[PDB]
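Rilpivirine:Reverse transcriptase/ribonuclease H complex.
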Amino acid sequence: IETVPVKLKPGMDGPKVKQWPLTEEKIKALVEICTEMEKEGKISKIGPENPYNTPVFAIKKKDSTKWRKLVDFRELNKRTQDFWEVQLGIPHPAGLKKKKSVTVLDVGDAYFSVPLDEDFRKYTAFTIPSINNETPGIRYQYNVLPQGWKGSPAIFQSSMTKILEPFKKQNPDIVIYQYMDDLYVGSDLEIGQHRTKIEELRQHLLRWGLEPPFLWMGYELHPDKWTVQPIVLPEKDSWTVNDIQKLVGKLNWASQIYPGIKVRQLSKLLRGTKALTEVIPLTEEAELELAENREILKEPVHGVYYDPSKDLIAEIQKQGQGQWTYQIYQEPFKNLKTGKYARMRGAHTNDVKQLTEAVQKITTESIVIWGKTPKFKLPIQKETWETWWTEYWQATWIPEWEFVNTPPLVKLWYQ
Amino acid sequence: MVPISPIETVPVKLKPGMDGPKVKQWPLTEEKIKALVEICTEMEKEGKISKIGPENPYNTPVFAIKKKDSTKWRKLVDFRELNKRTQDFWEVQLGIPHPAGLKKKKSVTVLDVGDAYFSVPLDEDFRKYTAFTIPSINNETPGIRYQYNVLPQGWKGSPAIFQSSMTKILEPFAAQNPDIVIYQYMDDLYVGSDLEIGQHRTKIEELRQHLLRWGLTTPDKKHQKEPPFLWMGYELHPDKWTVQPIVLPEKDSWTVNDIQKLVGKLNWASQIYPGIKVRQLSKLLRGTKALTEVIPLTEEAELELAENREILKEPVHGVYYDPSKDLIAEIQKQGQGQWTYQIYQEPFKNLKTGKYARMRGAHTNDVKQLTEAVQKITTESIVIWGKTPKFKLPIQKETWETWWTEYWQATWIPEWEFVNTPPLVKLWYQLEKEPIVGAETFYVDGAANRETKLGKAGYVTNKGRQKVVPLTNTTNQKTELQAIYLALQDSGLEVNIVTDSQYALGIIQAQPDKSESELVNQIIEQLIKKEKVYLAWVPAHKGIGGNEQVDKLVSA
Ligand SMILES: Cc1cc(/C=C/C#N)cc(C)c1Nc1ccnc(Nc2ccc(C#N)cc2)n1
Ligand SMILES: Nc1ccncc1Br
Ligand SMILES: Nc1ccncc1Br
Ligand SMILES: Nc1ccncc1Br
Ligand SMILES: Nc1ccncc1Br
Ligand SMILES: [Mg+2]
């Protein structure tokens, strides 16, 4: 009811980010959405004395006709003060990633109940463009906490705990975690018992509301299901020259991650100029070396530790046939997580759709485990990605990304 | 009097930490001063400015310039200093409509709205920063001090405040009259419709009546402007559009500056004239910036210009957008990284055309370029029409499938069909995924001395074939490529090649069909005449014999 004071960071001006081209269907959707929001006091039209801008688009489920407004606040979130006034932050719940079920809810609609500081509103300016710029873009700013902005969960956090206060002591084993517009609710209970308690939670929020367009949704994860990718070497009865070459290449790379890995005795087998397809019998010294290497690869990487002060970096490789590998790290060769996907649904002839879904799944894994999104290195040309990723995006947040333009030779080793 | 609703002020600020201007008023000839006094008396009478006292500490210089061939002066207030201090505004006119996205209209009438610009009030708290001084005759009295009450000609905030004030006025009219379009351009209003002459003229009068609500009068004597309109370099007709005349000059010698004008005209023409090319004429500009250096035109630049002249020989027009019909985009390869395209909905009547130019790169191929051209057309089409066109591409469906499924990057192009119009985009080689049984295996290596630039490149094979070539003025990267070239040159139609060059693998795994390096080009030519090539990588200096043997040979 009374606004919390909020500032930009020192020497930083508000965002002035270009609005990118929108399809006719998204413009129509946003014109209806914003008309309703202005009617309900959430946003107001602004004048030309406001030079700021953040881009907007919209996403929807294929079977919904209801669109979700998505403001891309990445720049504003960078330029907004970090609030350590009431808490230095959230001690990220390490037990969340251990629950047999975690349901993801969009609770961002609750944010609209809190007014935004009157001096800060101008920095939330956005524009609804017109096809072919035939009419001037419609300019608005927010009067209330906007979804997608870093400040909204912080300022609303005092109210959010006070709404979960019946769920608090009634279900003391449920871990609840908030990230941007998302609420993560973890439990070890049977899937039917889990869902009832999810709907249990929804009512507490709809109760407080007295309507939220998307709180009824529920994306269900099973972090207990989440798999890893250790380094494994082939088990063969006969090795060609080529097989041994690729083994020593793989071991060469792995020696950058694992110290005791040796390739001396195996390299010695490549002594000679034989046909690539000739079978070479394994010497016993090479047999020993291979076995010792296999046992090294069974252990964890040494000196691996998460530091919350550093960025997370995520790399992705296209392996073909709808398969994608990825690694999350902070320092090179100190992987905090590796994985592999194949279940890219509804995209057997669209690489970019698959990569986009991979990016979203990796980001939600990162949010669950460390409470923050990674910076992606994407194996795609910038113009291809920028033209299409908003057509397949289904999440309420957006990570940062850069583009890889030279083929990694290590793609071979995560195969 | 009839009450008129006021036009509400935009609050305006100076930039943080900055103050208003305090700039010298230079002395004026006695002639200029009397003219400015009469000028300012009429503007003061009409309300545009007001006399102020001497407390206001700000000042902006005023000048007297007058129209050639006349005798009634005009006032120029030079707001350069105040503009440096005025806050930034939202600029809306940055994105200009493209004619190919417009809709056909039966009638387009023009209204004069010059009266409004000077009735748009300036924020009261900002007016003090607009102060100016008419110098006194012989400088024997205080100069006459004025400030603006309205948006001044030449001030930084006037275009964006004027436009947003007109938008607010016109908004409800347009919203309650969805059978017309309205567009404002300076002191002109354009209203188009498909109505019968009847309701169209009535709609015009309603608009005049609506404007009168704010006291904005429009002239009764109807406008000088009638279609076709000359606007932003185009000629707009009711049912078609084109660019304004594009006349390529006859010249014997061509200057840096003259070629820069030639290229600009060609770029402007290429949005409706199909097949325009500028690569050779633009590459007469490489790095140089001596605005008047004379450049000889290469044999290529002359063939390109002659090509362009024949294309500009007759006028060509585009049609407007029909939202009830699909958009089709067709792309052709032109050579030397140049691509050309047409966008249409009906056969033989283009909405617009265009071109795409290959980026500066070291290695490239046609499929990558075609892909980038498609992404460019797609984004331009979203801007102009709000939707992606259906594509007609000169690449077989088989070729594309082979490309994207094996390419190391994720890649995508939207709904498209093959069009069989040469030259077709194709894959010139494809590397094997497995080693070839029965094919000779070449273990290649090169090395170069960093100080002498002497090197060697060569191979050894499983058949005992060997070669080492001494090389001058080379590097390790060049010698590793040379070794791969020698293996290709000396092998049969199927070959396994083993290298330790991470550098060479990174190039070949990018699948180029053309390079800046003549050595990569030589390798590409060799790859094209093979039936099967398997390229295998292994780590250097680990003990890999064959690799170790030719490494011992080339590093001696
Ligand atoms: C951008 C624009 C510039 C001018 C005029 C600019 C100037 N000077 C006039 C109008 C009415 C518009 N706005 C729109 C909007 C949608 N379709 C059209 N079609 C359209 C416009 C002109 C002619 C003609 N002749 C035919 C069809 N115009
Ligand atoms: N995350 C979402 C995706 C699609 N529609 C709505 C929401 Br909320
Ligand atoms: N519909 C959704 C999609 C993705 N995450 C969360 C929700 Br709820
Ligand atoms: N403000 C407007 C709304 C619709 N058409 C034109 C204008 Br100007
Ligand atoms: N970048 C280039 C320049 C000239 N020819 C080929 C290429 Br590839
Ligand atoms: Mg070497």
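Proteins get letters first, then strands, A, B, ... in listed order; numbering begins at 1 in each. As the structure lists them, so they are numbered: ligands from 1, and atoms in each ligand from 1.
To find every copy of rilpivirine, look at ligand 1.
With heavy atoms closer than 4.0 Å, the chains neighbouring rilpivirine read A, B. The name that the PDB assigns to chain A is p51 RT. Counting heavy atoms closer than 4.0 Å to rilpivirine, residue B:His237 contributes backbone atoms (N, CA, C, O) but none from C-beta onward. Looking at atom 11 (C) of rilpivirine, its nearest protein heavy atom turns out to be B:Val181 CG2, 3.7 Å. Short contacts between rilpivirine and B:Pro227, defined as distances under 4.0 Å to a heavy atom of the residue, involve ligand atoms 25 (N). In this structure, of B:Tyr320, B:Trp231, B:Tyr234, the residue bringing a heavy atom nearest to atom 7 (C) of rilpivirine is B:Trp231. In this structure, atom 21 (C) of rilpivirine lies nearest to the protein heavy atom B:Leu102 CD1, 4.0 Å. Nearest to atom 8 (N) of rilpivirine by heavy atom, out of B:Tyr185, B:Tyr190, B:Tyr321, B:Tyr183, is B:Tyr190.
Of all the atoms in rilpivirine, the ones that sit under 4.0 Å from a non-hydrogen atom of B:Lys105 are 17 (N), 19 (N), 20 (C), 27 (C). Heavy atoms from both the backbone and the side chain of B:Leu236 come within less than 4.0 Å of rilpivirine.
Of the candidates B:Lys103, B:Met186, B:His98, B:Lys103 brings a heavy atom nearest to atom 19 (N) of rilpivirine. Under the 4.0 angstrom criterion for non-hydrogen atoms, B:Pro238 is in contact with rilpivirine. For atom 16 (C) of rilpivirine, the nearest protein heavy atom (residue, atom name, distance) is A:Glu134 OE1, 3.5 Å. Set against the non-hydrogen atoms of B:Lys225, the atoms of rilpivirine under 4.0 Å away are 8 (N). Heavy atoms under 4.0 Å from rilpivirine belong to A:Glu134, B:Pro97, B:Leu102, B:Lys103, B:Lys105, B:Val108, B:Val181, B:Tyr183, B:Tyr190, B:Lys225, B:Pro227, B:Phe229, B:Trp231, B:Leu236, B:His237, B:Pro238, B:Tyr320.
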